[PDB]
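The residues of the chain are indexed from 1 along the displayed sequence. FYI, side chains are in, hydrogens and waters are out, and symmetry mates aren't considered; it's all heavy atoms of this structure. As the structure lists them, so they are numbered: ligands from 1, and atoms in each ligand from 1.
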Amino acid sequence: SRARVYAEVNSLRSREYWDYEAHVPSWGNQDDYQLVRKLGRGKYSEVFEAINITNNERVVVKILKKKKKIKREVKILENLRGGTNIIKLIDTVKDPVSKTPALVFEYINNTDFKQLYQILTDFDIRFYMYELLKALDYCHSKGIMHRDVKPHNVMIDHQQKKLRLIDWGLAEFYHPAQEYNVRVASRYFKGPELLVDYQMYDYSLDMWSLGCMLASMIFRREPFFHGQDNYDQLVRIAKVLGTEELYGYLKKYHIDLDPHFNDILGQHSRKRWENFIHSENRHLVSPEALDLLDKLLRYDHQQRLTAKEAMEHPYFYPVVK
Ligand SMILES: C=Cc1cc(O)cc2nc(-c3ccc(O)c(F)c3)oc12
């Protein structure tokens, strides 16, 4: 399998661009930063609102929990810096006591998605999805898969109508035919490819995750596919997309399906997306929304819209207007 777009991006650039193991960060002194408020945590870092005490600028400081992984994140952020709606890396620093590496970013005043998604209009969803597509078309065009697209990693300042895609710690360079670790994304946003241990995935993985976000936004079921574990996640998907459709996918790409799935997958017809409309979400759903969604949440990673293709869809006509 190969990416339909941006397949040869990395091979056509200087080795320096993508050889992140060769990258040498310069680690400055974190004592220039006062970490005033804890914002959030995860398996890979803790994040603080901070002030640069030399010039009084507001920033975020992300304290990281192997060097190779740090180098990857840093090189990717540098490669992407300046890109539309990519979080801007400002510095790479270490606390002089702890010596622990930390990344300094621009500060966005985020509106927590649980509160926000409840009050978005149809137009707002189109608007923010368009902005997130700008970030994804950009990073894909730069040979990079995010591989952790989810509401938590999409910062929105609703007042300033600003969006940043954050947490590039699972991002990787795309190289044709390379086999990638499937232990990426967060469960509810994992593409089928990850759930069946298919390693030759590409940028299309991010478009599945984006589709999951779009379904949760227009239908108000968040998350949309709520699996209890990695096995059940695929069952949840198959109850919507259908089982015969899944087997077709597995056959085409010669994927070995874990034998345990035969006990739990069942027999499910493909469900029409109209099945998810009810009186509480009707005002966020349109034929255009459902047409787009159907073209993102596809088992076959090759057939999912690219970021650029998605941006040309009628769903986004109002936003471009
Ligand atoms: C955690 C909440 C949070 C809240 C907020 O107002 C701004 C933030 N910026 C980040 C952030 C930026 C870059 C990263 O790589 C990262 F992991 C997090 O997280 C933020």
Worksheet entry | Most-contacted chain for ligand 1, named by UniProt | Casein kinase II subunit alpha'
Practice prompt. Report the name of the drug found at ligand 1, as recorded in the PDB.
Written response: ERB-041
Discussion item. Just wondering - which UniProt-listed active-site residue of chain A is nearest to ERB-041 (ligand 1), and at what heavy-atom distance (1 Å precision)?
Written reply: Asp148, 8 Å
Worksheet entry | Which segment of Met155 sits under 4.0 Å of ERB-041 (ligand 1) when only heavy atoms are counted | side chain
Discussion item. So if I count the atoms of ERB-041 (ligand 1) from 1 in the order they appear, which ones are less than 4.0 Å from some heavy atom of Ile108?
Written reply: 5 (C), 6 (O), 7 (C)
Discussion item. When you compare ERB-041 (ligand 1) with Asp167, is there at least one nitrogen or oxygen pair between them that comes in under 3.5 angstrom?
Written reply: yes
Worksheet entry | N/O separation below 3.5 Å, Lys62 to ERB-041 (ligand 1) | yes
Worksheet item: Purely on distance, is any nitrogen or oxygen of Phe105 under 3.5 Å from one on ERB-041 (ligand 1)?
Response: no
Worksheet entry | For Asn110, atoms of ERB-041 (ligand 1) separated by under 4.0 Å from a heavy atom | 5 (C), 6 (O)
Worksheet item: Which UniProt domain of chain A holds most residues that touch ERB-041 (ligand 1)?
Response: Protein kinase
Discussion item. Hey, which residues are hanging around ERB-041 (ligand 1) within 4.0 Å, heavy atoms only?
Written reply: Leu39, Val47, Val60, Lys62, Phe105, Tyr107, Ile108, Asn110, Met155, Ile166, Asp167
